[PDB]
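Below is one structure; the comments refer to it alone.
Each chain gets a letter, A, B and so on, in the order its sequence line appears, and its residues count up from 1. Order of listing sets the numbers, starting from 1, for every ligand and every atom in it.
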Amino acid sequence: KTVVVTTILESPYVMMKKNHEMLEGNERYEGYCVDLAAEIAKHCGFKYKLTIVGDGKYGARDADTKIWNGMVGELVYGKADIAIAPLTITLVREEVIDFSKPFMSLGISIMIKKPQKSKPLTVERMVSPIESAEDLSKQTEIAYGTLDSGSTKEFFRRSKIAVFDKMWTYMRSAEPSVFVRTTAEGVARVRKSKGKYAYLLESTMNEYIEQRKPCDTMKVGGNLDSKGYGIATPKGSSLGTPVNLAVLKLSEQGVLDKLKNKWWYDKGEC
Amino acid sequence: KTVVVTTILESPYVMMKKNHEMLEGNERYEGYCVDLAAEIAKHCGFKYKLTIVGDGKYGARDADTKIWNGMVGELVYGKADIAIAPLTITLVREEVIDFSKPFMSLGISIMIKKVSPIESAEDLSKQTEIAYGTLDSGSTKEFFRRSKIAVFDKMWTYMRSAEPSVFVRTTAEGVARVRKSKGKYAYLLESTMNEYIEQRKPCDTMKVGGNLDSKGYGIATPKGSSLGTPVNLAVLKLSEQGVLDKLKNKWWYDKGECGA
Amino acid sequence: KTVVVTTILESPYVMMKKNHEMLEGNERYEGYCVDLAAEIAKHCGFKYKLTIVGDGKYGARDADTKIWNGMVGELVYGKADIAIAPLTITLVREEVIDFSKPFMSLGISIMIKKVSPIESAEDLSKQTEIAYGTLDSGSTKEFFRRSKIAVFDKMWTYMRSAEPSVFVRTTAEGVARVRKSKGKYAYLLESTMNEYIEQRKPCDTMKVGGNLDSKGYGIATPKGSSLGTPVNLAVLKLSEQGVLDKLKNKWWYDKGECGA
Amino acid sequence: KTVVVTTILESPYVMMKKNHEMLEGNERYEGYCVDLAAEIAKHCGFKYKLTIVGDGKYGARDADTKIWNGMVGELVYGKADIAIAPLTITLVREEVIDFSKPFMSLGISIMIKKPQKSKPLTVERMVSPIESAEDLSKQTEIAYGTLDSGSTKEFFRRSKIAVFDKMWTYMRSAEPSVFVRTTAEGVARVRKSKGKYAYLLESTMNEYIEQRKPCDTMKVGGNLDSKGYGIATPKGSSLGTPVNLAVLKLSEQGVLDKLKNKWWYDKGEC
Ligand SMILES: NS(=O)(=O)c1cc2c(cc1Cl)N[C@H]([C@H]1C[C@H]3C=C[C@@H]1C3)NS2(=O)=O
Ligand SMILES: NS(=O)(=O)c1cc2c(cc1Cl)N[C@H]([C@H]1C[C@H]3C=C[C@@H]1C3)NS2(=O)=O
Ligand SMILES: NS(=O)(=O)c1cc2c(cc1Cl)N[C@H]([C@H]1C[C@H]3C=C[C@@H]1C3)NS2(=O)=O
Ligand SMILES: NS(=O)(=O)c1cc2c(cc1Cl)N[C@H]([C@H]1C[C@H]3C=C[C@@H]1C3)NS2(=O)=O
Ligand SMILES: N[C@@H](CCC(=O)O)C(=O)O
Ligand SMILES: N[C@@H](CCC(=O)O)C(=O)O
Ligand SMILES: N[C@@H](CCC(=O)O)C(=O)O
Ligand SMILES: N[C@@H](CCC(=O)O)C(=O)O
């Protein structure tokens, strides 16, 4: 019996092939996550068919209803059996599903439009309004926001640190709304905001976008915390230990580093 | 009922209190792992007695005996209940004990006594003039042992067939040896350990290049134990809250006894 | 009894003189191959009639049909007696035809339009901005297909899985494309051919990096023939006497129609 | 029936290891040729026993006796059946044995003591007295000679080039004798001659000596000839074609380049 692997349409984890109007099956998508699924199936024998969640959300908890949605939400309800997707490992998700050991290090970073080149002897220097989260919280002339129903929204929602509390208090009463449904929408907002917008996203997508054309955006500051990407699995499933072992095996041989280099730096430019 | 805890004497993870002859119990130990164990006990609600394994090795498998030494051995043979210590998560140990979610990211890093013609691992393997070594019975010598890369295989062959034995019993002795070797030694060790060593006086050692790979530190637990899930939840909540980052800064960058 | 000699129209190995329409016989052909064949005919003592293959292919195996094309095909199938031409010695040809000792060393070279940003082959493979290709139905392509190195395999996938077809029927058209690509095309070809192209006007191409591997040009003879040993002896005598070096200098650097 | 492998004790092809007094069998010798023979026997299955010729000569034909000595000499008479050694391919040699395709590229180079660095603005440069062989022929104050009963001496004997004829004319009447018995003897004469002597040898050993400590010698000029090292085999033997195919395979997979790099450049003491 074949199992369904749920994934989110995000780059460079899963991208649409140029020739995909006629292709069918698992050959429709390319990226990091499809390679990870291929290696998982090579380490342990099973037939997998990738799918994309209709909602398109990573997964969070709704208010006053306590119903899980998104990738995690449909993984709890049994319509999916494994989520090989860039899903962060969180305490709220750890109490409802089983998470394998992280296969990708990440952190909340700062995304800003690349500032222009200051002419002043003829050397070329780079300056940026934002160099840390503290100064972004202090300043107000540049707006900032996160991705709706993601992991960073939950991180700022339940943070007792003073600076993160200030950022969250600014975010909840932001007029107009600052959150974005997709990473691409937030990136486009940074692109067309004339430097009047800061994006809070995971470091992996941030560096991939920085090293991709037209590369007019760059990351400043530092990682606000340390988290990881894990392979989801429903509670009481016979796949958690094999997938955990497979991730450990891939880490030991170094396949994960090879895929990261191939899909992050090998296709870079500028 | 009390809980038996096993750890190792490694800095800045577990150290000995300056005034420890006049103190008894758990008050004579301080460091990252001691505070971590205190918070884990607070979140779970159990009394724990911190102990140090009589053998000062982390744990491995000896030559053709199928016996676990170090902390993992005390964990599998009923001598221990939980090990909050710098125990790297690897495949081989995942089949004998339970690993919680990692609480400290790390990677294999090089360090030399202060042009730097040691830029990364490629030329270091290609340069046999200066020797190098790893910790015996740890997670690094085994990492080199079962690596399928050609460069890492060459490094393993050069490490095993070297006169004299470049392996060192304890990382402190290896640090001393590389400090007294006048640049004729590069020590392979974890990123956190190397950063802590290079961040203290006399600051005559530096980390160069980047990590050879990425790994983490896990709170080990005997297989099929009722404490694995509670400690995993405790690590998750401490990482979400940010206390782990606070302890990392407190025991790595707070004393600041050097200029960098 | 005359001897059929096969070859290809490749510069500077074979030239069609300058007024070939006014000449007939083997007197209308000049170049390294023509003079070399003259010397072999003088040493062995046989009359030969130089011919050009109908389809100017060096030799390859087609799509799972077990058919030899080009000069090697004309040799195995009885259409030719001996090949004096730039025929690289490789594994597959040795099993179907007899090779003499190499009379010209060679290697895989990188050619670009006029510090190079690529130089080494690994650097060229890592950068996908500049496309590259090989000569179809030759030895370079086959060398790339059977290469087991990761870099060379990724190269082979790069030229094979590219849009449009980077492969070119003749090395002359590839050289023209490189000169017309404004530095966006690197052509992979033999060191001798690349050096000859560079040495000629308008001197808008240069050779960067080293030679990827070790090959040579052999004089092809069909399997189990009586002319393999005499031709090998003639090649050895010419190499010892130094006529090969003089011919290479005369047809590669004697003209010197460039500033260097 | 095990096949006897005849070789010559020359570096870096065959060198004695530090722990060789107690070792026995093929493990006594380590170097380029020994692992080349190992790969040859791995490609085509046979059992090989390593041996070293008692005479220690590469091989040549004496005058008025028509008796072949050295490695080729003992190979012709039948006491050996294959030779994985740095043996050059020559017309006189191939007339009696069946060589294989050249597994190494070689030429005749010039060996000279490395001159001192010239003081004069503070840039440090180096100069050589005689770069090309022509200058060595015109010059007389620095002596030069080949290796006795080798390929270089044979080539100079039968050379028709004017400069090479002049060099041979000088060598044949050298007082005292200029030819050296072993490559090590020629190198030592170069070191102890204070720059008064020049050595003629194949480029491979010249490169090895240049890149080996204390690296007081260097090679000037280009490559006078262009020859190669082939695997010897008695005329009419059945091992010729398997050896040729194995050499071609090793060249094609890149093994030969790996051995050259790991026995010539990898131990870069200088
Ligand atoms: N270089 S990277 O961010 O793609 C990356 C990140 C990580 C990797 C492997 C790679 Cl390649 N493995 C580790 C895993 C290995 C074992 C120890 C920690 C987890 C379990 N997690 S990680 O530290 O999140
Ligand atoms: N900054 S650090 O090295 O002290 C550090 C490193 C890490 C932390 C927390 C901290 Cl504070 N948590 C993560 C864990 C949290 C959840 C997401 C990945 C694992 C499960 N592992 S980690 O990426 O190895
Ligand atoms: N200088 S060159 O490229 O024209 C050149 C190259 C070579 C020549 C002769 C010349 Cl002139 N002969 C050798 C052959 C001669 C004998 C020794 C090696 C083979 C058999 N092959 S080679 O090393 O490929
Ligand atoms: N890199 S090198 O000079 O040691 C070198 C040089 C050469 C090698 C192998 C090596 Cl390792 N093999 C080739 C051989 C392969 C086939 C084609 C030419 C001969 C037969 N000759 S070569 O071009 O003279
Ligand atoms: N990848 C994150 C959400 C994306 C983001 O943080 O921008 C998650 O798994 O929740
Ligand atoms: N964290 C390692 C330490 C040993 C090493 O650094 O090699 C272990 O537990 O084995
Ligand atoms: N002349 C080569 C082919 C040309 C090329 O590969 O560029 C041969 O003998 O096969
Ligand atoms: N190797 C040469 C002899 C000269 C030398 O080794 O320097 C030969 O095969 O004859």
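Drug at ligand 4: cyclothiazide. The chain forming the most contacts with cyclothiazide (ligand 4) in this entry appears in UniProt as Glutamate receptor 2. Other chains making heavy-atom contacts shorter than 4.0 Å with cyclothiazide (ligand 4): C, D.
Near cyclothiazide (ligand 4), within 4.0 Å on a heavy-atom basis, the structure shows C/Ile89, C/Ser214, C/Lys215, C/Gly216, D/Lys101, D/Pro102, D/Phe103, D/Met104, D/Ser105, D/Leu248, D/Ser251, D/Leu256, D/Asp257, D/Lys260.
By number and name, no other ligands or ions lie nearer than 4.0 Å to cyclothiazide (ligand 4).
Residues of chain D that UniProt annotates as binding L-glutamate and that have a non-hydrogen atom under 4.0 Å from cyclothiazide (ligand 4): none.
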